[PDB]
Amino acid sequence: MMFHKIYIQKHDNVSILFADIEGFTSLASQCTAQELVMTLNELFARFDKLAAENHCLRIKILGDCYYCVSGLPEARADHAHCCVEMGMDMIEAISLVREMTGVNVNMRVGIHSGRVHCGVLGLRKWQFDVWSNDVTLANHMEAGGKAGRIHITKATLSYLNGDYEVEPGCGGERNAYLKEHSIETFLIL
Amino acid sequence: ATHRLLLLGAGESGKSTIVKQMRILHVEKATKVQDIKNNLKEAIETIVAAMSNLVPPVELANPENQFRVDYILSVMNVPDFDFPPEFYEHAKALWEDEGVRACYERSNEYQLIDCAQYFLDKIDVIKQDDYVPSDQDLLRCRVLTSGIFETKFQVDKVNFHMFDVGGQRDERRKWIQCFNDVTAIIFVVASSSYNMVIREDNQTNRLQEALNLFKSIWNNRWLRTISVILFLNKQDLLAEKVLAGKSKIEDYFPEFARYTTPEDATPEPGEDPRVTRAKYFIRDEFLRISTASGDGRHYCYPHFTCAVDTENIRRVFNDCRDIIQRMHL
Amino acid sequence: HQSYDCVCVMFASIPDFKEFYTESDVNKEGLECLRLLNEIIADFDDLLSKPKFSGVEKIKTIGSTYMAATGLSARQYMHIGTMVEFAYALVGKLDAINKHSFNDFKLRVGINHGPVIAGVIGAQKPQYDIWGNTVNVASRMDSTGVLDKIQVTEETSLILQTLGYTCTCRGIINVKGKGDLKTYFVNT
Ligand SMILES: Nc1nc2c(ncn2[C@@H]2O[C@H](COP(=O)(O)OP(=O)(O)OP(O)(O)=S)[C@@H](O)[C@H]2O)c(=O)[nH]1
Ligand SMILES: C=C[C@@]1(C)CC(=O)[C@]2(O)[C@@]3(C)[C@@H](O)CCC(C)(C)[C@@H]3[C@H](O)[C@H](OC(C)=O)[C@@]2(C)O1
Ligand SMILES: Nc1ncnc2c1ncn2[C@@H]1CC[C@H](COP(=O)(O)OP(=O)(O)OP(=O)(O)O)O1
Ligand SMILES: [Cl-]
Ligand SMILES: [Mg+2]
Ligand SMILES: [Mg+2]
Ligand SMILES: [Zn+2]
Ligand SMILES: [Zn+2]
């Protein structure tokens, strides 16, 4: 074999959640690196606990971006609810941490459901990850989301079985990717 | 057993055509009519447009025809052309004008599709409203390939998944996607395009480009153990150019002046010594590359080919089935 | 979480990859595109074994962007110069990749240096990462850079110069969250 062995496997019917700190660069520009990492660690460790309960699997942390998915490793039907529930717990966590810290912590949540290829790349410093247009869309939904709210796509809503009262998301106005691809958005209540 | 074969070669080498033969051999005509009419139109306007730009310029053998020329050029860039009965009359009038014909004999000095002569020789057939494309018409109709296409077929209950890709420089970036897990590679080459240059830049010799592309595929880091079946396609047009005597091979490839026909060489019944020599010379330029590196990790299988001949393809593809199944590919 | 003083971070992106990535039946829903990315990232990881690069710590792979740093091991400023030598090496690897895959991928690098905090974060897995304003500005030097060029900050420009490198003023660009910053392009 001339192509390196690739550790990747496809998975259908999964949900992805993206959450990102608002104006993180601006934040790190005022408080000490030591102090920032602590506020960030206070928040992300709390997130890692919530994920275990909600049956969501944490992928990785990119500074202020935090993402996880449901339907991994083993398939699940309750999948889209888990992420909605996860966001619910997350948005609340941030509030408590903002309360006791005094730091301006605010995150945008974005969810979409579909397929993903997942595994690792390269030979060194392996880290499990996800790849697909669906994952690309999820990331854009977070960018298109609104502070302290759980922004979702129509594909995700078709998996909630109507257990949540939502409202027009208007993502096509906030993010050019969502518009050009004709994505119908919704905000959870 | 399921073998996945990938078709590679420079633009216009005849890949898409090889696939059509697999359909006609082992597997909505009205849709192809518009395409045939497009080849017919593109041909007449390409020849006419090159008349004034050549050096020296070619002159019309009839003043009357200048009006048909002005007509042709005026409707050149038209999007939705309805093909009035006047169009075929004008086209045919020009194609009979010796000036136009002489310009056609110098078509290696500009970019002209391969089916020019074929379709122009039968304008009266294509113009009919009850016109139904023959098998030879569909095999000639040229239409650029963009993106990957996967064909399926069976031969004695053996499965073949064929992949057809774009051969033009840009389209090549996609080839990679078919590299992993390929049984064999079929590399097509337009043997007759030695006196020509690629569309992409209008300078690089067509055969040279092929040679480079082959050497790139043969020594690819990902195709180290993938054997390559080589179709020295367009055999018919090669022989015609050779015998014609106008465009001399040794003027494009100086090495030809030293080349002599090998002893183990097998000519076709009644084949001209000159033709035998040309086709074999071209074969060796390709073999010379494949012989420099490999070490039995992978091999090269030459084949004289003529894609538009449903008969020659039947025969050669049978030589191919032998190659695949035999060597355990 | 150990605190560092002088660390050189680098973000090398392949902006053209996203476009090359497609999802079709032929390419197995984008698996074949990832096979190429896998090859690319591997070809980059092999440089870490070259003795001249033993001081380079591969942090992680963000998407198709390669993130690394030098100085996590502490002739003073040479580690920052070594980072630039690695940025050039990555280009040589991508040109090799281009030759065999018939593509024209170009790397876009952003380098910066300063204080950082290194360590593991979170309760799931023990992934070593680095933080700080420095890391943020490094990444901005990448996202606002140019293809085939290494974009460095003014402070890094000075240091690279004492080491014998020549820079070119990019101008004064407004970096999101930071404001007007004066940047430089390293001269190949
Ligand atoms: N005379 C002759 N014409 C041929 C032969 N093989 C192909 N052609 C013609 O050459 C033209 C180009 O062939 P085609 O199959 O379209 O090229 P291709 O390799 O698929 O081209 P591309 O899609 O990479 S741009 C067509 O008109 C075809 O009929 C041959 O053996 N003899
Ligand atoms: C490799 C291709 C492709 C399309 C796959 C994919 O889903 C991504 O890797 C995600 C979305 C995805 O892996 C989640 C993490 C992150 C960092 C958000 C990625 C980047 O945005 C990638 O783009 C870049 C620019 O690297 C992107 C979009 O690239
Ligand atoms: N350890 C790290 N790993 C990966 N990426 C990192 C790391 N540290 C920082 N980053 C990156 C580069 C800068 C980026 C954070 O900026 P981001 O793009 O989120 O903008 P922002 O938070 O200022 O504003 P916003 O998200 O609201 O648009 O995260
Ligand atoms: Cl060719
Ligand atoms: Mg942010
Ligand atoms: Mg074709
Ligand atoms: Zn971010
Ligand atoms: Zn198939």
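Chain labels are A, B, C, ... in exactly the order the sequence lines appear. All residue numbers given for chain A refer to the PDB entry; the residues shown span 377-565 in order. So for chain B, numbering is the PDB entry's, and the shown residues are 39-65, 87-388, in order. So for chain C, numbering is the PDB entry's, and the shown residues are 879-952, 964-1077, in order. Both counts, for ligands and for their atoms, begin at 1 and track the order of listing.
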| Chief binding partner for ligand 2 by contacts (from UniProt) | Adenylate cyclase type 5
| Which drug molecule is found at ligand 2 in this structure? | forskolin
| field | Chains contacting forskolin (heavy atom, under 4.0 Å) | value | A, C
| query | What name appears alongside chain C in the PDB? | reply | adenylate cyclase, type II
| UniProt domain (most residues in contact with forskolin) of chain A | Guanylate cyclase 1
